[PDB]
Asker: 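Entry of interest: jgfn4 complexed with fentanyl.
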2 protein chains.
Amino acid sequence: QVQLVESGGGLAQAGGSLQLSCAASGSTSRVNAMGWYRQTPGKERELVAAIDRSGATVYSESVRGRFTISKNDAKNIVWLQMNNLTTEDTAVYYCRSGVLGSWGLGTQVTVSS
Amino acid sequence: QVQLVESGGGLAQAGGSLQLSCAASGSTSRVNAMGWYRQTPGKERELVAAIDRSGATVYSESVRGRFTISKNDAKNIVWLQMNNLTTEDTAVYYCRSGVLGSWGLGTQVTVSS
Ligand SMILES: CCC(=O)N(c1ccccc1)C1CCN(CCc2ccccc2)CC1
Ligand SMILES: CCC(=O)N(c1ccccc1)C1CCN(CCc2ccccc2)CC1
């Protein structure tokens, strides 16, 4: 019952910037991860950036260093800042929510020397 | 109701390799993402690798290129292959499941020359 609304798309010139926004509404209290995906012409949809509740972020290799994901927790908004755009960035961009579950008990790894 | 069990931790020699496994049980039909996390002594727990149902993977900067996450869908197992271990990798490692939701309608971005 999460609802996601993406905005900010449009036309850019190569070397330009855009900022996308994703507004979540509905019952969002359990949502503790958010992601931006893109579908370039002809290709599989791919994760380009994600952010979790602790503020940790991860990016795909194709956008790492150029794109930045950030969030406004008080308004349930997630942003995608896209810098140094290329024609290879042309795509439909999608927002997606996630509910990350419980952890296991864990396993100790000890590296010596 | 999903239950996760991590195994395969132990003592590794500097520069050695380890393979961790995480077995999921319970009602797993909706689980469409899995992640490995680690908790270095004194520090926040951190994502190090994640995999989704389409086989896409993502890694933290600290492990990208050394660690590989893979899955056996038929047995509900995920694995973390850890190579060239150093003392900086000593930690408790945890598995975590996730349910990723619907996408939004998407927003077109078109970059020209
Ligand atoms: C990692 C993402 C994350 O954890 N969230 C998030 C989700 C989408 C977009 C931005 C952030 C939280 C979801 C729950 N909301 C709280 C409850 C609420 C309800 C209505 C208005 C304001 C707040 C805080 C942020
Ligand atoms: C990216 C993760 C993912 O999508 N999954 C997954 C989850 C945990 C660990 C490995 C993979 C699927 C979850 C549902 N199972 C299906 C049914 C079933 C039941 C009992 C035994 C075997 C299979 C297929 C794999």
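Chain A corresponds to the first sequence line; subsequent lines are lettered B, C, and so forth. What you see of chain A is 1-113, where the numbers are those given in the PDB entry. Shown for chain B, in order and in the PDB entry numbering: 1-113. So this one's X-ray crystallography, 1.7 Å, going by the header. Only heavy atoms go into these numbers, but all of them, side chains included; no hydrogens, no water, no symmetry mates. Atoms within a ligand are numbered from 1 in the order they appear, just like the ligands themselves.
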Asker: Quick one: other chains with a heavy atom closer than 4.0 Å to fentanyl (ligand 2), which letters?
Answerer: B
Asker: Near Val78(B), which atoms of fentanyl (ligand 2) are under 4.0 Å from a heavy atom of that residue?
Answerer: 9 (C), 10 (C)
Asker: Any neighbours for fentanyl (ligand 2)? Other ligands or ions under 4.0 Å, I mean.
Answerer: none
Asker: Suppose I only count heavy atoms of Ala74(B) and a 4.0 Å limit; which atoms of fentanyl (ligand 2) are within that range?
Answerer: 21 (C), 22 (C), 23 (C)
Asker: I'd like to check which fentanyl (ligand 2) atoms, numbered from 1 as shown, lie under 4.0 Å from a non-hydrogen atom of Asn32(B).
Answerer: 1 (C), 4 (O)
Asker: How far is atom 11 (C) of fentanyl (ligand 2) from its nearest protein heavy atom, and which residue and atom name does that atom have?
Answerer: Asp73(B) OD1, 3.5 Å
Asker: Check each atom of fentanyl (ligand 2) against the heavy atoms of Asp52(B) and keep those under 4.0 Å away; list them by number with element.
Answerer: 1 (C)
Asker: Before signing off on this row, confirm whether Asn76(B) and fentanyl (ligand 2) have an N or O atom pair separated by under 3.5 Å.
Answerer: yes
Asker: Which organism does the entry credit as the source of chain B?
Answerer: Camelidae
Asker: Would one find an N or O of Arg53(B), backbone or side chain, under 3.5 Å from an N or O of fentanyl (ligand 2)?
Answerer: yes
Asker: As an exercise, identify every atom of fentanyl (ligand 2) less than 4.0 angstrom from a heavy atom of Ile77(B).
Answerer: 9 (C), 10 (C)
Asker: Can you figure out which of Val31(B), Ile69(B), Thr28(B) has its heavy atom closest to atom 14 (C) of fentanyl (ligand 2)?
Answerer: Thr28(B)
Asker: What is the residue list for the binding site of fentanyl (ligand 2), using non-hydrogen contacts under 4.0 Å?
Answerer: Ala24(B), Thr28(B), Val31(B), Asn32(B), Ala33(B), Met34(B), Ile51(B), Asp52(B), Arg53(B), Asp73(B), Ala74(B), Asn76(B), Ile77(B), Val78(B)
